[PDB]
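These notes concern the structure reproduced below.
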Amino acid sequence: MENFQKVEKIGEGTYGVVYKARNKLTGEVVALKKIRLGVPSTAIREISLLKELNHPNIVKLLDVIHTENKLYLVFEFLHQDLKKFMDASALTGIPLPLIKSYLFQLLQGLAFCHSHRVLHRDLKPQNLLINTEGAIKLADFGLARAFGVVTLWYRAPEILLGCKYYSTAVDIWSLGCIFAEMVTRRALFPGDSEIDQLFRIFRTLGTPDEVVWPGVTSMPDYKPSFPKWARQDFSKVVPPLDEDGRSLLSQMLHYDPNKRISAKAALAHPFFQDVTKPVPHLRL
Ligand SMILES: C[C@@H](O)[C@@H](C)Oc1nc(Nc2ccc([S@](=N)(=O)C3CC3)cc2)ncc1C(F)(F)F
């Protein structure tokens, strides 16, 4: 930490504060994450795992600094998060080819994490990072299980209904909501509490039953008393997404995590037949 000059705070989350910083020796510009708390021996090994987990679409973890009984993670710096890019692109929308590129690339990262049994668990526009060359990368995970107002908007229903051992399918759910948001320019499920989140999901997708989701009615926080809403058609939920986009989105948004599409199969969905890598117009 002596080795870095902080340039500016660029974020804050569950696990710490993030600064853009410069290596005082070598002039490298990095993102420096100070982990909020001795460090436990099992976060140390979980972090060692992450350092090896490298992929073009995963933010690179450069160095792990466990000194004076604090933890710092030194990451490559990316110049913009997708939340800011979405906000900046609100008048016209992000062009479809660019949405499709990003969704393709994020599935590719997720496919890689998931083959390694690593889950993100908290995907959101603020955790997705872009560059001037047209890449997008997932950031700020492995953190979730390594260590043990929060946004709920991208939370899978199994998590809101009290499932303790959830699967990679929670990340596909999240990425689904995000896809929809890029296309409509509105948040799909903008909840402000756990039950508001769950009921906004229930009014759009319909209240889940044993028919759409076997097991649902015995989950910890399921209540027979939940209201009964009817599902809406995706034609109403995500115009102007074409039928291929909607076909894919419905598969990412299946109630039953085991029916929900995997990242690897999503990469083969007909939606990505004509995928290309456009260059975004970034104002930095
Ligand atoms: C994942 C999450 O924590 C962001 C803050 O983290 C990271 N962020 C970046 N770059 C970054 C750059 C610009 C912006 S900005 N808000 O669009 C603009 C100043 C307003 C945001 C983030 N680079 C690496 C990381 C990471 F640490 F994850 F490696």
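Going by the PDB entry, the residues shown for chain A are 1-37, 43-153, 163-298, listed in order. All ligand and atom numbering here is 1-based and tracks the order in the structure.
The chain in largest contact with ligand 1 bears the name, in the PDB entry, of Cyclin-dependent kinase 2.
The drug located at ligand 1 is named roniciclib.
By chain and number, the binding site of roniciclib at a non-hydrogen cut-off of 4.0 Å is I10, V18, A31, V64, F80, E81, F82, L83, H84, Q85, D86, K89, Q131, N132, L134, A144. Shortest contact from atom 2 (C) of roniciclib to any protein heavy atom: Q131 O, 3.7 Å. Considering only non-hydrogen protein atoms, atom 16 (N) of roniciclib sits nearest to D86 OD2, 3.7 Å. From the protein, the heavy atom lying nearest to atom 5 (C) of roniciclib is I10 O, 3.5 Å.
Geometrically, roniciclib and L134 share no nitrogen or oxygen pair separated by less than 3.5 Å. Of the residues of chain A touching roniciclib, most belong to the UniProt domain Protein kinase. Looking only at heavy atoms of the protein, atom 23 (N) of roniciclib is closest to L83 N, 3.2 Å.
Closest to atom 19 (C) of roniciclib, if we only count protein heavy atoms, is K89 NZ, 4.5 Å.
Result for chain A: of the UniProt ATP-binding residues, roniciclib comes within 4.0 Å (heavy atoms) of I10, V18, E81, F82, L83, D86, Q131, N132.
Judged by heavy-atom distance, the UniProt Mg(2+)-binding residues in chain A that approach roniciclib within 4.0 Å amount to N132.
Annotation: atom 6 (O) of roniciclib to nearest protein heavy atom, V18 CG1, 4.0 Å.
The closest UniProt active-site residue in chain A to roniciclib, going by heavy-atom distance rounded to 1 Å, is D127, 8 Å. Looking only at heavy atoms of the protein, atom 28 (F) of roniciclib is closest to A144 CB, 3.5 Å.
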Identify the protein atoms, limited to N or O, that lie within less than 3.5 Å of an N or O atom of roniciclib, and list each pair with its distance to 0.1 Å.
unit_1, atom_1, unit_2, atom_2, d
roniciclib, 10 (N), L83, O, 2.7
roniciclib, 17 (O), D86, N, 3.3
roniciclib, 23 (N), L83, N, 3.2

